[PDB]
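Here, proguanil is shown bound to NADH-ubiquinone oxidoreductase chain 1.
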Amino acid sequence: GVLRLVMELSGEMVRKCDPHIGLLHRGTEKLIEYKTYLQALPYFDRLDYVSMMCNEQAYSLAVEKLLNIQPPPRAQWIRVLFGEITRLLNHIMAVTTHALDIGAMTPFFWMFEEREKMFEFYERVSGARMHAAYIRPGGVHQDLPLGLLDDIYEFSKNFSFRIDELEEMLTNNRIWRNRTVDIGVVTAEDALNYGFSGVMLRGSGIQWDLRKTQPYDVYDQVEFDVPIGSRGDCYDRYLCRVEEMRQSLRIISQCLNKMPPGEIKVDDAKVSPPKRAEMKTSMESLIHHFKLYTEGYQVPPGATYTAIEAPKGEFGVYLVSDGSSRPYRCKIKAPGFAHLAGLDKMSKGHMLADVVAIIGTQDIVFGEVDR
Amino acid sequence: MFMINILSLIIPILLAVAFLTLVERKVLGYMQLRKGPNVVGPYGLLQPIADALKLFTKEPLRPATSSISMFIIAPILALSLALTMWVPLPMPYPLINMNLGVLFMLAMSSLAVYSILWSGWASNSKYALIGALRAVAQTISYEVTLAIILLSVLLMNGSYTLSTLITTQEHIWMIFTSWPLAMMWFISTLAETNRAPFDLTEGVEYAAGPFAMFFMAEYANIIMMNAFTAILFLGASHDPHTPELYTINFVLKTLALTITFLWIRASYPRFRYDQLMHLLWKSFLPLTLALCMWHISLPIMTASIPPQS
Amino acid sequence: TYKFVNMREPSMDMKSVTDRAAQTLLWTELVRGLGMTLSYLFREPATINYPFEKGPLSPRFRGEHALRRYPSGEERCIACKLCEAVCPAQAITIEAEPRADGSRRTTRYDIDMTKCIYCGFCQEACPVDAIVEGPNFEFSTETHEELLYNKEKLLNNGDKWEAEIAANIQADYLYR
Amino acid sequence: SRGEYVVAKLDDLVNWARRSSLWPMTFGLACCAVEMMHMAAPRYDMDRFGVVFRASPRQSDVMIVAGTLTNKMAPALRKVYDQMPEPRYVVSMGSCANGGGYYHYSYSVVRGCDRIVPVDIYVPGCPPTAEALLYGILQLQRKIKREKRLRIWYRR
Amino acid sequence: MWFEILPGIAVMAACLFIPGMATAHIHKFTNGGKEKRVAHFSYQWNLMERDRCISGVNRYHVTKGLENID
Amino acid sequence: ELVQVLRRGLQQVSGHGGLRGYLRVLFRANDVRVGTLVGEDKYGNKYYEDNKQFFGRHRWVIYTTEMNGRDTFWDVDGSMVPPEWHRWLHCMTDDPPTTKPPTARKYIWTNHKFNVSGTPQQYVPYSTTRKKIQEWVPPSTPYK
Amino acid sequence: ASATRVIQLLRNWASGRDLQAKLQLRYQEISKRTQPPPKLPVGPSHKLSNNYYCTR
Ligand SMILES: CCCCCCCCCCCCCCCCCC(=O)OC[C@H](COP(=O)([O-])OCC[N+](C)(C)C)OC(=O)CCCCCCCCCCCCCCCCC
Ligand SMILES: CCCCCCCCCCCCCCCCCC(=O)OC[C@H](COP(=O)([O-])OCC[N+](C)(C)C)OC(=O)CCCCCCCCCCCCCCCCC
Ligand SMILES: CCCCCCCCCCCCCCCCCC(=O)OC[C@H](COP(=O)([O-])OCC[N+](C)(C)C)OC(=O)CCCCCCCCCCCCCCCCC
Ligand SMILES: CCCCCCCCCCCCCCCCC[C@@H](O)O[C@H](CO[C@H](O)CCCCCCCCCCCCCCC)COP(=O)(O)OCC[N+](C)(C)C
Ligand SMILES: CCCCCCCCCCCCCCCCC[C@@H](O)O[C@H](CO[C@H](O)CCCCCCCCCCCCCCC)COP(=O)(O)OCC[N+](C)(C)C
Ligand SMILES: CCCCCCCC/C=C/CCCCCCCC(=O)OC[C@H](COP(=O)(O)OCCN)OC(=O)CCCCCCC/C=C/CCCCCCCC
Ligand SMILES: CCCCCCCC/C=C/CCCCCCCC(=O)OC[C@H](COP(=O)(O)OCCN)OC(=O)CCCCCCC/C=C/CCCCCCCC
Ligand SMILES: CC(C)NC(=N)NC(=N)Nc1ccc(Cl)cc1
Ligand SMILES: CC(C)NC(=N)NC(=N)Nc1ccc(Cl)cc1
Ligand code: SF4
Ligand code: SF4
Ligand code: SF4
C-alpha cells in the first residue's frame, strides 16, 4: 500500500520497472541514535512486522556480542522456539497474501485464523499481540506462564492438517502452476551478486542457510532440512516456503521436547534488571534498577555486524558503539531491500500480473525496506 | 394482464438479484470459515436493502470530461438487455413464445457487449479505456465459443425453441448426452459473465447509483445464464395440468447452478489475460469444432434426426 | 542436511501418460479443490459474537494506563521520573514539588496516548507499582484532545479499574 | 408536528442504511494494517457487521488510516480523501495515525493524519487490538446514528 | 452454522417462483382455463382464426362441437 | 438426525421464555443460544457460560436495557461491563466475581461508567500546575 | 464438535481426511485460564560466597 512503481511497457510486455520506495521512511536509524540500547528495542520490533521477535533476536544478539555476555540456556531455547513460531507466522502471511493477490482468499482466511491463535500465544507470553518487545539483550523479559507449552503442543498437533489443506488448494492447481511456474527466474550467480539471501538463493539452488552455516543461540542442537529449489521460479520458492513451514514445525516439536529449566535472563544485574523483590529488598538491586532504567548500561566501544536467518532472508544489524549508553550508529540491513532492488532484473519479459506475482514471491515488507 | 405478467417477470428478478448478493456474501463467508452478514437483519435479511439505500443516497462523481449521453445510455442499455433476456425463457410457459428464441438470446448478448465499451469510452480515461478494450476482446472470444457450442447442442433438439428443448429433455438430460459441451458451456458462461477465475476487469469510474445499475445488470445476467444452462442441459419433466412442479424444479436447478458459480469463485485463483485468451483459441475452440462435427454426424449415422415440428 | 522440493521427473509410461491426459481433460485437481472448499463450508465457523463475546486475554495484557493508590488511599507515585527516563516515546511529562505535608508527590503527570507505543516499560521501572497498564482496550475517542490524559484522568482510570488491575498484578507478580 | 415526525423518521431510515452498510477503504501503510487483516479474519469477521472487506476509493465511505503517514505519502492520502464521495468518515488507527507515535520527532513523519484529513474516530494502540478496531468501527456506527441532517435542514 | 444461509436462498427461491407461476396462471385465466395456443406456423394461426370465427364471440378459446353443428 | 436438531431449536425457543423473549434475544443480540446463568451485576447485565462451545464462545453477556441515564436497548457497548465481570468475560481468570469477589476499597468507584466520548461528560484536558512567574502589581495610590 | 453424523461423513469425504481428529476449534483441551502460583529458580550467581563480580 506504500509502493509506487513506474513501469515502461511495450504493448503487453514489461520493459522497465522502477520501484519508488521511501513512502514509509521514518528516520528509524537516527531515532535509534538518539535513544538508548533498551529504548531502541521496539524500533527493531517495528521494522519487519511479521518477524517481530526475529528482529528483536537479531538486535539482542548484536548487543550481547558487543557486551561480551551470554544468555542462559533456557533463554536461548525460548528465543529459538519463538523465532520458529514467528517464522511460521511470516511464512503463513507471505503465502496467503501471495494467493490473495493472485486470486485465492479462502487459504488466507484459514491460515489467518491460525495466525490469530499464534497471536494469542504471543499475547500470553508478552502481553502484546504483535509487538512483544520480549527478547532483550541478555535473555528474555519474563518466564513462560504455566501451561503455555501444552497449548503450543496442541497448536503444533493441529497445524499439519492446515498445511495440507493449504497445499490442496494451490500446490497441484493448474491455474496456480500457470501463474507461478517459470516466472521471475533468476540464476544462482545473478541472485548472489545482486545480493540475494535466503529463500531466493534456495529457490535458485544455492545450498546456503545461516541457521546451519553460522549457528546462533541453540540452532546447532536441532535437526531440520533446508529446502532447495531447482528452477528458481515462484513455484519453487512457494514449495520451499511450505517445506520451511514443515521444518519449523519439526524444530518447534524438538524445542518443546528439550526445553530446559533455569533462569531466563543473564545473572548480571549491571546488564539485566534485577527482580522486583530483590529491588525492593536490596540496596544494590535498587541502585542497579535505577541506573539501568534511567541511564542504561554502557557498551564497550566497537563495531559489529550480526546477521540472522530471518524468515525473509539475511537480516543484519551493523551497530557502532562509542562507549556510551546510547548507540553511535545503527545500520539495518533488511533482506527485502536487495530483493526489491533486483525486482527490475526479474521482471524482464513479463506482464503486469507477472510483476505482481514476482513482488508477492519476493515477499517485500516496506517497513523494513524503508526504515 | 400482459403488463401484469411483465411486472411479475421484472420485479422478482431484481429482488432475486439483491438476495443473490446477500447469499453470495454468506456462502463466501461460510466457505472462508466466517459467518457473513447476520447483524443488519434477522440472519442478515436486510443487507441488500441497506446497500441499495446507501448507494441511492450516496453522492455521485460524474467526471467533467465525459460524454453525458454515453454515460447515461450505457447503464440503461445494460439493465434493459439484462431484463430482456428473461421473456423467452420457458418456466414452463414463456412470456413471449418465439419460434427462434435462441437467436434472440445470442443477439441480446452481442448487444450487451456494447455497454462495457461505451462505459469505458465515456470516462475519457486512457486506463479505463484499455481495461474496457481487454474486456471486450475476452467477451467477444467467449461469445464465438458460446455460439458454436449452442449450435452444436440444438442439433439434437430440431429447432430453436426452448419448449422443444423441454420436450426433448422429457426423458433424459442433455448433460448426459453431451457433457463435454456442458463443461465448455459452463466455463464460457463464467468467462462471459466475468466471474472468477475470469474477473480480469476487477482484478471504477462509476459510483453511487449508476454503479448499482451495472451491478444489478451483471447479477441478472448471471442468474439468466444459470437458468438457461439449467433449461438446456438439465431439462425437467413438464406436466401440462400441474405446471408448478416444473417451476419448482427449474428454480431449484437455477439456484444450484448459481451457488456453483459462487463456489467456483471462492475456490479458484485468477487467470492471467493472455492465459485465458490461449485457453479458448488453443484449447476450447478446437474441441468445440470437433464436437460440433461429431454432433452434426451423430443423428445422420444413427437415424435419430429430431423432428422440425 | 537438505532436500529437493521440485526435482522429480514424471514417468513416461503409457499408464502415467493416460492418467495425466485424463487429469488435463477431466479437471481432477479442480474437483479436489472444490471438495476441500465444500468441506470447509460444512465446517463450523470460528467467529465470536462481539461485543457480547470477547476474545481471550492474559493478565500481562497492556492497555489503558492508570495510576494506583495504597490501601490507605494515598497515591503510590512518589515523583521519581523513572517513567520519563525510560519511556521510549517520551509520552510522559512529570512535574513535582513538595506537598503541603512535605511529601514528595507529583503536581503534573501527563501521558500522551497518541504518542505512547504501549510498550509497558513504565510499569517495569516503577519502584512502587504506581503506573500500570490496565486491561481496558476500548477507550477510543472522537477527538485528538481526549487522548491527552492528565493526572486526574489517570487517577480516575486507576480508581475505576482498581479491582481488575489488582487481580492481574496479584496473578502475575511472581513472574516479574 | 407531522412534518417534524416525517423528517425525523426519514433521518432515522437514512442513518440506518449508512450505519449498517459500511464499505471502508483500507489505507494500510504499516504494521497497523496487519490488525485490520486479523479483524477481517474469521474470528472477528468485519463482514458480518455490513463492513465490506475492501472497496475502491470511488465506492468507499470510510477511510481507515492505519500506519505511519510520511511527508512523501501525505499528498496521496489527501488526493484519495478528496476522491472519496460524501458522506465520508475517517478512522485513524494506531499511534502513528493519531499523533506521531514512536516517530513523533522524526523529520519525515506527519505528526497525525488530522493535519491532512479531518478524522472522525481515533483508535489508540500500537497496534490496536482487532477488538479495539471493531469497537472503534461500532462507535463510528453509533456516531452516524446521531446524525440529524434532515432535522437540521427542516429547521433552516 | 451453515443452515443460516437457507433464509436467503429461501427468499431467492420465492422470488424466482413468481415469474413462471404468474405466467401460467395468467395464461390459464385469459384462455378459459386452458393453455395458450402456440401458433408457431401459419396453419396453426389459420386454425386459431377459424376457431374464433366459428365461436363468434371473438374468442378463439370458446370451443364448439357436436351440439353446435346439430 | 434432523429431528434432533429441530427439537433442539424448539427447546432454544422455549428456553428464552416463549416467543417474545426469543425474538428479543434474536434482534438485540443476534444469537439465540442458551446457557447456564452465572450471575448478574448491579446494572442488569446477565452473564452466561456454556463450556460445550469452543473457546471464545463459551462465555457471553446479555447487556441491560438501560444503564446509568442512557437507553441501551439497541446501543450496547463493550465498555458497559464492570471491571470484575470484564476480567471474567475476557477470560483472564476462571473464577466469576460471585465466587471470588474483588477486594473492596474506599476509593474504588461504586458506579461504573462507559465511554463518554461525544457526550457532555467527555474528558477535557487542562494544565494541572500553577502559574510559573508572578507579575508585579502597580501601586493603587497615585504618586502625584 | 456438534455436527450431525451425516454432515461429518460429508465433510470427511469431501476433504478426504478425518477432520474430527484435527479440529480448528479448541474444545476444553487448552490450559486453565487460572494457574497455580509459580516458583521461579535463581541464576548461577545467587551465591553468598565465592561470587565476586571481578571474576564474572
Ligand atoms: C443503443 C443501441 C440500440 C439499438 C437498436 C435501436 C433501434 C431499436 C429498434 C427496435 C425494433 C423493434 C423490432 C420488432 C418490432 C415487432 C416485430 C414483431 O412482432 O416481431 C415478432 C417476432 C416473433 O419472433 P419469432 O422470430 O419467433 O417469430 C416467428 C413466430 N411467429 C411468426 C409466430 C411470431 O419477434 C421477434 O423476433 C423478437 C425480437 C425482436 C428484435 C428487434 C428488437 C430488439 C430490441 C433490443 C435492442 C435495442 C435495445 C435498446 C435499449 C435502450 C438503449 C438506450
Ligand atoms: C455451496 C455448496 C453447494 C453444494 C452443491 C449443491 C447442489 C447439489 C447438486 C450437485 C452439485 C451442483 C451441480 C450443478 C447443479 C445440479 C442441479 C441438480 O441436480 O439439482 C438437484 C435438485 C433438483 O433436481 P431433482 O432431482 O429435484 O429433479 C428431478 C429432475 N428429473 C425429474 C428430470 C429427473 O436441486 C437441488 O438439490 C437444489 C440445490 C440448491 C438449492 C439448495 C437449497 C434447497 C435445499 C433442498 C430443498 C428441498 C425442498 C424444496 C421444496 C420442495 C417442495 C415440494
Ligand atoms: C425502488 C426505489 C428506488 C429509490 C429508493 C430511495 C428513495 C426512498 C428513500 C428516500 C429517503 C430520503 C433520503 C433523502 C436524503 C437525505 C440525506 C441527504 O441527502 O441530506 C442532505 C440534505 C441536507 O440539506 P441541507 O441543506 O441541510 O444540507 C447541508 C448543507 N450542505 C449541502 C453543504 C451539506 O438533504 C436534503 O436537502 C433533503 C431534503 C428533502 C428531502 C425530504 C425532507 C422532508 C420530508 C418531509 C416533508 C414534509 C412532510 C409533511 C408535509 C407534506 C406536504 C405534501
Ligand atoms: C420480497 C422482498 C422482501 C424483503 C424483506 C424480506 C425479509 C424481511 C425480514 C424482516 C424481519 C423483521 C425485521 C424487524 C427489525 C426490527 C424492527 C424494529 O426494531 O425497528 C423499528 C423500526 O423498523 C421498521 O419499522 C421495521 C421494518 C421491518 C422490515 C420491513 C420489511 C422490509 C422492507 C422490504 C423492502 C423490499 C424492497 C427492497 C428490496 C431491495 C424501530 O423500533 P424501536 O424504535 O426500536 O421500538 C422500541 C423497541 N421495542 C418496541 C421492542 C421496545
Ligand atoms: C431498491 C431500493 C429499496 C427501497 C426500500 C424502501 C423501503 C424502506 C426500507 C425499510 C428497511 C427496513 C427498515 C429498517 C430496519 C430497522 C432494523 C432495526 O432492528 O434497527 C433498529 C434501529 O432503529 C432505529 O431507531 C431506526 C429504525 C429504522 C428506520 C425505521 C423508519 C420507519 C419505517 C420507514 C418509514 C419511511 C418514512 C415514512 C414517512 C411516512 C435497531 O437496530 P441497530 O441500530 O442496528 O442496533 C442494534 C445493534 N446490534 C444489532 C448490534 C444489537
Ligand atoms: C490513480 C488514478 C487516479 C488518477 C485519475 C483520477 C482522475 C480524478 C481527477 C481529479 C480532479 C477532480 C475533477 C474530476 C472529477 C469531477 C467530479 C465532479 O465534477 O464533482 C462535482 C461536485 C460539485 O459539487 P456538487 O455535488 O455538484 O454540489 C454540492 C456541493 N457540495 O463535487 C465536488 O464538490 C467537486 C468540486 C471541486 C473538484 C474539482 C477541483 C479540481 C479541478 C482541477 C482540474 C483537475 C482535472 C483533472 C484532469 C485529469 C487529467 C490530468
Ligand atoms: C453443471 C454440473 C456441475 C458439476 C461440476 C461442479 C463444478 C466443476 C467446475 C470446476 C472447474 C473449475 C474451473 C475450470 C477453469 C479452467 C478449465 C481448464 O483449465 O480446462 C482447460 C483444459 C486443459 O487446459 P491446459 O492444461 O491449461 O492447456 C495445456 C494443454 N496441454 O482444456 C480443456 O479443453 C478441458 C477439456 C474439456 C473437454 C473435455 C472432453 C473430454 C474428451 C471427450 C471424449 C469423448 C468424445 C465423444 C466421442 C465418443 C465416441 C464414442
Ligand atoms: C508489509 C506486509 C507484512 N503486509 C501485506 N500488506 N502483504 C499483502 N499482499 N497483503 C494484502 C492484504 C489485503 C489485500 Cl486486498 C491485498 C494484499
Ligand atoms: C462485490 C461487492 C462490492 N458488492 C456487495 N457486497 N453488495 C452490493 N454491490 N450492494 C447492492 C445491493 C443490492 C442492490 Cl439492488 C444493488 C447493490
Ligand atoms: S508503555 Fe512505553 S511508550 Fe507507553 S508510556 Fe509506558 S514507557 Fe512510554
Ligand atoms: S516510575 Fe512510578 S513512582 Fe516513578 S514517576 Fe513513574 S509512576 Fe511515579
Ligand atoms: S502505531 Fe505502532 S503498530 Fe501502528 S503503524 Fe505505528 S508503530 Fe506500527
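Letters go in sequence order (proteins before strands), and every chain restarts at 1. Side chains included, hydrogens not; waters and symmetry mates left out as well; all remaining heavy atoms used. Counting starts at 1 for both ligands and their atoms, in listed order. Only part shown; contacts counted inside that part. Determined via electron microscopy, 3.1 Å.
All instances of proguanil together account for ligands 8 and 9. Contact chains for proguanil (ligand 9) (heavy atom under 4.0 Å, other chains only): B, D. Heavy atoms under 4.0 Å from proguanil (ligand 9) belong to B:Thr21, B:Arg25, B:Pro48, B:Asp51, B:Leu55, B:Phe215, B:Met216, D:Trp23.
The PDB records the source of chain B as Sus scrofa. According to the entry, the name of chain D reads NADH dehydrogenase [ubiquinone] iron-sulfur protein 7, mitochondrial. Contact with proguanil (ligand 9), defined as a heavy atom under 4.0 Å, is made by these UniProt transmembrane segments of chain B (N-terminal numbering): 1, 6.
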